[PDB]
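Single-structure report; data block below.
Start at 1 with the first residue, then count along the sequence. Whatever order the structure lists them in is the order used to number ligands and atoms, beginning at 1.
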Amino acid sequence: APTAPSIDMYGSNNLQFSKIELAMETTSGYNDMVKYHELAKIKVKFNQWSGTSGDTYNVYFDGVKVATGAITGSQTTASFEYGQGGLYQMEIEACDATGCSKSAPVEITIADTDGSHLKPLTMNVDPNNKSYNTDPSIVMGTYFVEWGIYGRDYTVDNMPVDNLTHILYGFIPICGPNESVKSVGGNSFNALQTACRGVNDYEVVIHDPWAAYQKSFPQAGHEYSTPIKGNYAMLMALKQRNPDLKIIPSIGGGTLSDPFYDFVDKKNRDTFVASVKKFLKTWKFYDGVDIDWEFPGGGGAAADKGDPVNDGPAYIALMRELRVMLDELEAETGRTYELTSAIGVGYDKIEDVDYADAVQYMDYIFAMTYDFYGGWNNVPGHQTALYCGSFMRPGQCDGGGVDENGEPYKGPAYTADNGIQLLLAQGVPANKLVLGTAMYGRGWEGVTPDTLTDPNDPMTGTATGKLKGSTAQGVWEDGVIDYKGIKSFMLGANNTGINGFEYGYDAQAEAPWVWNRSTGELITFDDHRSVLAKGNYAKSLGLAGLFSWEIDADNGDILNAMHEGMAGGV
Ligand SMILES: CC(=O)CCCCn1c(=O)c2c(ncn2C)n(C)c1=O
Ligand SMILES: CC(=O)CCCCn1c(=O)c2c(ncn2C)n(C)c1=O
Ligand SMILES: CC(=O)CCCCn1c(=O)c2c(ncn2C)n(C)c1=O
């Protein structure tokens, strides 16, 4: 016989609650901005403006009692905890000695990071991505980059997810020595320093919390009160649409790998593995971890780091210790968690790790069969060829010979086949290796006809510097161009060359190029033909499948060719 409660929607945070507490309106240290709670804190204000208030309230979710407390006037705040994410029909009843009066039901949301409070994501995929019926046991992976939501304007709902088995989310940094990030310029290092305030060295953090969980995306139905927004909320709604898709955070990458060189000290590995565990308990849409250390032994961005004696065993110990940790998580959750890694495949990178040993702990190795040549020097070559190109010298392919000054080659040339064969030769099983495809070109300026030693092969020329171009043409950094930019501005609709470019294909190497004889612009990339060759190769060897770098740079053609190449290899 009290007055039935009316719920104050605006005074109760629009009934949006969450197991994870995320700062939405600042940028600060990771432990300050993100706190995961086993019980969500619920606070609901309700009013009984007329009649009698009564003396106690009970709260029901879908008919089940979940909280009780005292009413002592005409406005009450009910505070309680609840442990399960989801949407629920909430009623609040007020009671006195004579009876109870229940409010009308209203939906309350309790967010959790598995996306259990979210409907399947609405997609907006370019229709140039076709539908395939590829065997679901073949890996078809890609990297989605966190910063792609800015100038590249490529969001989670743009991904052709039904053509993917694995989404690797690039990248999760590690607090600590990070001079390589500083050297890149822009705001990357400053962002990282902020995220690491109050964080122990060697723990993972989110690099850009605005991209990850703050930015409101209209296409995803995000509102002011939505407790999780950003790319991560969209990946959560994506797992609701595609529950079998694996979404894996990739830790490291070329500029973020500095802290891995300190993993020869086991205390640093323990700190890092513990932070990864906490990370996967906090962000439950993720299905494992991808380790992208570029590179054990050195030769990467950090010119002053790398230990060819100790980094390999440290890498193998890291994989064992991660696998132990992921086994605990599988025990706690009943889920399967995957452990993978993207690796350099030049002989000098491979030789520093016993991968046959590492790989017993791992689900897959993503072999980085690209970046073999590029604008960091003026030597043209195929950056992603399967085999040795026509431009190579006698004995260069297998490393038997000498260069143009008579210097002996130090090892086999950089090709996908050389890398894959070296890994098989170590005893890595073919069905754990995933072959990489480039959705971008690397290129040079200045490779004009007078520099060529073979007048029909620009790979025999010499450059003056890196390819220059605008972001409109898909050039986001010097020397690098999106595949969709090469297609729009160099190849044209018929793949025969526009704007002063001509198309060529080195049939020996299985590698395409476009060349502008007058500017001497030369770009090496993967196209439909070379990606079919890769698919045939992967099929021949019984590899796990294919992956690509990076999804925002494709227009559909490369991922389509990945699927066609895997079907059609003979
Ligand atoms: C600038 C900010 O808000 C957080 C840091 C983002 C990190 N980041 C990039 O922004 C980026 C990038 N490459 C190109 N860009 C534009 N990398 C490698 C990166 O880590
Ligand atoms: C502006 C920008 O993004 C340049 C990044 C180059 C950093 N970097 C590498 O990533 C790298 C490398 N060797 C292998 N890798 C993967 N070196 C020598 C490098 O500087
Ligand atoms: C196949 C393999 O082992 C590649 C090793 C890294 C290639 N590479 C560079 O050498 C490099 C670079 N930037 C500057 N440099 C000198 N990047 C981005 C790179 O990938």
Practice task
State which drug is located at ligand 2.
Solution key: pentoxifylline
Practice task
Look up in the PDB entry the name of the chain making most contacts with pentoxifylline (ligand 2).
Solution key: Chitinase A
Practice task
State the binding site of pentoxifylline (ligand 2) (non-hydrogen atoms, cut-off 4.0 Å).
Solution key: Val184, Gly254, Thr255, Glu294, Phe295, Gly299, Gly300, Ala301, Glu477
Handout entry: Closest protein heavy atom to atom 16 (C) of pentoxifylline (ligand 2), given as residue, atom name and distance to 0.1 Å
Key = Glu294 OE1, 2.6 Å
Practice task
Do me a favour and list the nearest non-hydrogen protein atom to atom 20 (O) of pentoxifylline (ligand 2) with residue, atom name and distance?
Solution key: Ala301 CA, 3.8 Å
Exercise for the section: List the closest protein heavy-atom neighbour of atom 10 (O) of pentoxifylline (ligand 2): residue, atom name, distance to the nearest 0.1 Å. Expected result: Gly254 CA, 3.5 Å
Problem - Closest protein heavy atom to atom 14 (C) of pentoxifylline (ligand 2), given as residue, atom name and distance to 0.1 Å - result: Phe295 CE1, 3.1 Å
Exercise for the section: Among all protein heavy atoms, pick out the one at the shortest distance from atom 18 (C) of pentoxifylline (ligand 2); state its residue, atom name and that distance to 0.1 Å. Expected result: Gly300 O, 3.3 Å
Practice task
For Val184, counting its heavy atoms only, list the atoms of pentoxifylline (ligand 2) lying under 4.0 Å from any of them.
Solution key: 1 (C), 2 (C), 3 (O)
Problem - Source organism of chain A (PDB entry) - result: Vibrio harveyi
Handout entry: Atoms of pentoxifylline (ligand 2) close to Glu477 [distance to a heavy atom under 4.0 angstrom, numbered from 1]
Key = 2 (C), 3 (O)
Practice task
Starting from atom 5 (C) of pentoxifylline (ligand 2), locate the nearest protein heavy atom and write down its residue, its atom name and how far away it is, to 0.1 Å.
Solution key: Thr255 CG2, 3.9 Å
